[PDB]
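Here, residue 1 is the first one in the sequence, and each next residue gets the next number. Values below: all heavy atoms of this structure, side chains included; hydrogens, waters and symmetry mates excluded. Whatever order the structure lists them in is the order used to number ligands and atoms, beginning at 1.
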Amino acid sequence: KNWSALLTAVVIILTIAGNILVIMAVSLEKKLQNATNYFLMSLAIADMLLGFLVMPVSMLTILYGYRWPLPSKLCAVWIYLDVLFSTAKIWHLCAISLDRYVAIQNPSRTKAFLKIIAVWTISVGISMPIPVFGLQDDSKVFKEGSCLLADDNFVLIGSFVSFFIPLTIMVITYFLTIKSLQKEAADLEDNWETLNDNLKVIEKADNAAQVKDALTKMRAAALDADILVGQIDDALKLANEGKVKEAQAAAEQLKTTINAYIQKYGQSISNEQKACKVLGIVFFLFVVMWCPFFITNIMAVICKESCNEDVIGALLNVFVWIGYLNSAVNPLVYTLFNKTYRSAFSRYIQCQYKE
Ligand SMILES: CC(C)CCC[C@@H](C)[C@H]1CC[C@H]2[C@@H]3CC=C4C[C@@H](O)CC[C@]4(C)[C@H]3CC[C@]12C
Ligand SMILES: CC(C)CCC[C@@H](C)[C@H]1CC[C@H]2[C@@H]3CC=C4C[C@@H](O)CC[C@]4(C)[C@H]3CC[C@]12C
Ligand SMILES: CN(C)C(=O)N[C@H]1CC[C@H](CCN2CCN(c3cccc(Cl)c3Cl)CC2)CC1
Ligand SMILES: [Mg+2]
């Protein structure tokens with residue numbers, strides 16, 4: 001008689017339906033066809049595959065008191081799917097953080113589907129000791145007729161190698177991305193005063209000194225931020241001949257090109273900080289929900305002697321569902337914090353699929 005299967009059946013269908021909707025939204029709606037959204041589909045494939053393959057077998061074992069109810073050579077395989085799909089999500093979340101960072105030092109699907117194939121192959125490579133050695137020796141994958149990783153080298157080596165190369169690189173490249181977008185906003189409303197200051201200088205002017213210097217100083221300050229470089233140069237010639245009343249009126253026709261360009265760049269940055277913050281929640285929820293399973297699984301190995309493994313085991317059976325639930329919640333994040341995903345999901349529920 002088990003309570004727990006009534007709970008766990010919820011988490012599986014949330015996982016399956018939501019991650020299908022994310023897969024559906026990137027496949028269909030054109031305003032999601034960018035490289036960072038191509039990763040989020042691949043992530044959702046992993047979360048949906050976790051929900052189809054790994055999670056109902058976990059529920060099944062809950063209904064046999066953890067005494068493993070299937071063929072023995074499926075235990076080593078099930079473990080490989082359970083580790084792969086998670087190792088897939090951590091190298092996904094690392095890649096997005098890293099790819100958006102290299103995007104800031106810069107001015108395609110084949111961009112993305114090489115990088116996704118690069119990440120999946122580093123997951124398939126890293127998880128591959130499990131069935132190659134587990135299918136040889138049933139005592140890497142079974143303890144006491146319960147299917148679970150029973151090799152501590154695979155846990156210790158896998159956890160740090162598979163989760164601390166990527167987490168480190170993800171938490172550095174997330175932090176540096178925040179600092180790159182803070183310097184860009186700082187550097188742009190620096191150029192605001194420099195251009196704006198100099199406008200008030202050219203409108204006050206007496207002579208061709210105050211106009212030619214203050215368009216020289218406008219031009220280099222324009223060069224830090226395309227088309228307005230010519231429009232300063234189209235007005236830099238008027239002051240050089242001495243046409244001062246003409247260059248002053250040409251500059252209030254620069255004021256409109258300036259206000260138009262600054263706001264567009266400024267909207268783009270405020271977008272990309274809202275977008276950096278959405279991932280940061282996808283990133284934050286992943287660690288925090290796996291955090292109790294992770295720490296306890298490592299302490300299983302560290303205090304084999306000094307601790308009640310019945311209690312340690314009774315928590316791992318509980319803590320692994322906290323991290324399963326993480327599959328369910330990536331889609332909810334998008335629903336409340338993207339207009340684009342919410343509008344799309346709200347039309348797939350109305351069975352209406354034409355952009
Ligand atoms: C371990 C194996 C047997 C599990 C099964 C993996 C299956 C479900 C995976 C692997 C390859 C995946 C497909 C690869 C690429 C695409 C194209 C994309 O535009 C829509 C989804 C779609 C069609 C994927 C759907 C899910 C998929 C079919
Ligand atoms: C009763 C006698 C034999 C002693 C048993 C001590 C056991 C039950 C103790 C010692 C080590 C402990 C674990 C150490 C680390 C963590 C991770 C953290 O998120 C809190 C829970 C958890 C998982 C603890 C639960 C209780 C624990 C398993
Ligand atoms: C950022 N942080 C800290 C992390 O990502 N931590 C990680 C914690 C471990 C997660 C691995 C996923 N599997 C491992 C194997 N598990 C298992 C399988 C069969 C039987 C039994 Cl009993 C068990 Cl317990 C279930 C979960 C990935 C994330
Ligand atoms: Mg000033």
Ligand 3: main contacting chain per UniProt:
5-hydroxytryptamine receptor 2A
What's the name of that drug at ligand 3, by the way?
cariprazine
So, at a heavy-atom cut-off of 4.0 Å, what does the binding site of cariprazine look like in terms of residues?
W78, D82, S86, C147, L148, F163, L167, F286, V287, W290, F293, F294, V320, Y324
Hey, which transmembrane segments of chain A have a heavy atom under 4.0 Å from cariprazine? Number them from the N terminus like UniProt does.
3, 5, 6, 7
I'm comparing cariprazine with the native serotonin site: which UniProt-listed binding residues in chain A have a heavy atom within 4.0 Å of it?
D82
